[PDB]
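Before any comments, here is the structure.
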Amino acid sequence: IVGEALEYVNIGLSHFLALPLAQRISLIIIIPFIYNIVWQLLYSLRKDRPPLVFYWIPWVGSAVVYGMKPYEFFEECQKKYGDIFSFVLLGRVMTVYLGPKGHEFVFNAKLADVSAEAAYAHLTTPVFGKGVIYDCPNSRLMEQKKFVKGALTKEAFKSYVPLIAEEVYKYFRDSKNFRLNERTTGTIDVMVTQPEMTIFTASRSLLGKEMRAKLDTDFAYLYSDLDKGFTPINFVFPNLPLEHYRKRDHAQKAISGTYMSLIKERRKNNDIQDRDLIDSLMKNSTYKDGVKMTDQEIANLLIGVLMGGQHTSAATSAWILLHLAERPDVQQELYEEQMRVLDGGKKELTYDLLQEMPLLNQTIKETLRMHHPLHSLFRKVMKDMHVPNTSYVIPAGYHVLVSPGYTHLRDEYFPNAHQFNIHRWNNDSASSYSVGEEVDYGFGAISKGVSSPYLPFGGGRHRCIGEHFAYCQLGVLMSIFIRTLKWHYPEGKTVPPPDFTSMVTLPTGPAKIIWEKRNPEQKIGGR
Ligand code: HEM
Ligand SMILES: OC(Cn1cncn1)(Cn1cncn1)c1ccc(F)cc1F
């Protein structure tokens, strides 16, 4: 009888609760372990679900292999399952869609279907501050992107180029890593030099002279603290009572506090011009519903834009130098282009002349092909999504993962994809280019289609707005490096593997190059 069965359930329940504590703990471990395996096996027959990568440890999932070797992971998954597959990652289910159709599925996904801010808020909000970027609705982000873009005009770039050039020269002159007036050769770690050059140049141009001057003080130490909070660990542990987390928060307060002081000081003196992004945001930061950004939110947006731009550009800078260190042929070819465009060095570098340097820009383009600083972009799925031409349905609660950087490294789309060749971009040296219909999400007309196999800057509503600033900064920086120095690897060394575990895919350190002055007698003037 079924009556007597229900009795033995209750009996079994009471015997269960009365087990020796060791077997209880063991059952605490074995039961969800067994349940997990059984759940996957069952999930398999679901043909309205993409294949799920098998994993042994519950919650953890494929985190370790994804965390350490994401492209090798994607490649293995791809030839087993094809272009669409899911995997468990630290409690989340990630649905990957590789290739151009994946680019379309995720970057062009409707606003109602996916949320970037739900994916990233816990990473970024504690670092940047409240009320901006991912700590706000999408419509607010769109307009923040529009506000920042107002300091990213052609006219702005024309003024930034000599400021950036000045900083590069000052760095060559003053940094312990160079001191070109005293040394004709030396060794550097590019993961030391490039983050420093990147912060000095980006500060001077986007933040202005005051904020640049601050980096000549121990205030510079706060950026390091803030920098240390920008880490994937925030995806698991956003806030922990350690000193790492307190130094982060303290820095965000002191740094935004500093920006606010400058802001309120400019407003008090009515000293608001068109010098920098701070000026720009002081004059142009009213949303379409008439609500103004607070001084705090302005400062916080400044932090995030600068920090995001910081890591992508520094990493890219580092890779350019690293690839060129074993390619004296490319160094030579870039140098000839410098001599031609700048009339033997007699012409001062300008933003317009930068545009007349196709090989230089192709080098940047090719470096971003081989080293997309962001190997995975995420969205949280908010409504059930049907996968076109499939029976797959991606349920709300899932995350979608797109990886243009993976496609960058596929021979199908880039022959001999693991060879560095700037000439694969001959007569195709633009940072990117819309060549079909365009669309405006709030921050300017951008390409409607996002099916290009090359997407260093993403696409759709979350597309990068720093692409031309990045080319301007990298361009000026590399133009001066090329014209000033040659460099090569220490004996036996080559391009290092990427460190896929940090927030951007930095080179594994220490990554050293040996530089030498092209003109040992050349001196850099100024104080
Ligand atoms: C080589 C350098 C850079 C690369 C490769 C890059 C790449 C990207 C990518 C792939 C995205 C899309 C992220 C997503 O879909 O989730 C993005 C978004 C964005 N980037 Fe960049 N970026 C670079 C430099 C910069 C710079 C210099 C700035 C600021 C001056 C910047 C600011 C932004 C902003 C404001 C967004 C929008 C985020 C959103 O809408 O959710 N980036 N970038
Ligand atoms: O897209 C990022 C955030 N992110 C996503 N994965 C890793 N970091 C990075 N980024 C893109 N360009 C520059 N940085 C971002 C976007 C906007 C922003 F203001 C900061 C920021 F970190």
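In this chain, numbering begins with 1 at the start of the sequence shown. Ligands are counted one by one from 1 in listed order, and the atoms in each one are counted from 1 as well. Keep in mind that the numbers below use all heavy atoms, side chains included, and drop hydrogens, waters and symmetry copies. Method of determination (from the header): X-ray crystallography, 2.0 Å.
The options were amitriptyline, fluconazole, zomepirac; the drug at ligand 2 is fluconazole. In the deposited model, most contacts to fluconazole involve the chain that the PDB entry calls Lanosterol 14-alpha demethylase. Using a 4.0 angstrom heavy-atom cutoff, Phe457 does not count as in contact with fluconazole. At the top of the distance list for atom 9 (C) of fluconazole, counting protein heavy atoms only, stands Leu374 CD1, 4.0 Å. In this PDB entry, the source organism listed for chain A is Saccharomyces cerevisiae. In terms of N/O distances under 3.5 Å, fluconazole is approached by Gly308. At a 4.0 Å cut-off, not a single heavy atom of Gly466 sits close enough to fluconazole to count as contact.
Counting atoms of fluconazole from 1 in the listed order, those under 4.0 Å from a heavy atom of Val305 are 19 (F).
Less than 4.0 angstrom separates some heavy atom of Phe230 from each of these atoms of fluconazole: 8 (N), 22 (F). The heavy-atom binding site of fluconazole at 4.0 Å consists of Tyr120, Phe128, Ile133, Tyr134, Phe230, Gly304, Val305, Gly308, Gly309, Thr312, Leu374, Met503.
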Less than 3.5 Å apart, N/O on fluconazole and N/O on the protein: could you list those pairs with the distances?
from        : atom 1 : to     : atom 2 : distance (Å)
fluconazole : 14 (N) : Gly308 : O      : 3.3

